[PDB]
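In this entry the chain letters A, B, ... are assigned according to the order of the sequence lines. Numbering, chain A: per the PDB entry, residues 453-501 in sequence. The residue numbers of chain B are those assigned by the PDB entry, with the residues present covering 453-501 sequentially. Following the PDB entry, chain C shows residues 394-403, kept in their order. Just follow the structure's listing: the first ligand is 1, and inside any ligand the first atom is 1. According to its header, the structure was obtained by electron microscopy, 4.0 Å. The structure shown is a partial extract from the entry, and contact counts are restricted to the extract.
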Amino acid sequence: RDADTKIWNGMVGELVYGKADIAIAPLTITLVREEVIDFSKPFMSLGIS
Amino acid sequence: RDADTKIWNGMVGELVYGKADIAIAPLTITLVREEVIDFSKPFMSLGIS
Amino acid sequence: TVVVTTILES
Ligand SMILES: NS(=O)(=O)c1cc2c(cc1Cl)N[C@H]([C@H]1C[C@H]3C=C[C@@H]1C3)NS2(=O)=O
């Protein structure tokens, strides 16, 4: 989310504005993203390594 | 769930029937549990070791 | 048709 404009850009901003129906992407689950859209249960685990 | 009488047991059985408002537990997110009661995103990760 | 949006990353 661009902070002052409060617009979502990218794959989530495509899911927010109704252009796309689903995203199967390397899209990490984040609290700022969870407020605006839905997520499935995660399918793959990753951490700082 | 055991299909001899098709009855849920344990903590999920208290969730489905109405005894439980929440089950914060070592309750593994599965498929047959997800269909009858909700899970959030998992709070702790593990596997068979 | 269900729209899949993805990003290009190997
Ligand atoms: N340290 S840990 O293994 O208890 C652990 C385990 C997990 C954490 C974070 C930690 Cl610190 N968050 C991940 C993430 C996936 C989605 C659910 C919670 C966040 C978003 N889930 S997890 O895999 O359940």
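The drug seen at ligand 1 is recorded under the name cyclothiazide. Going by contact count, the macromolecule most engaged with cyclothiazide (ligand 1) is what UniProt calls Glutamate receptor 2. Chains with a heavy atom under 4.0 Å from cyclothiazide (ligand 1): A, B.
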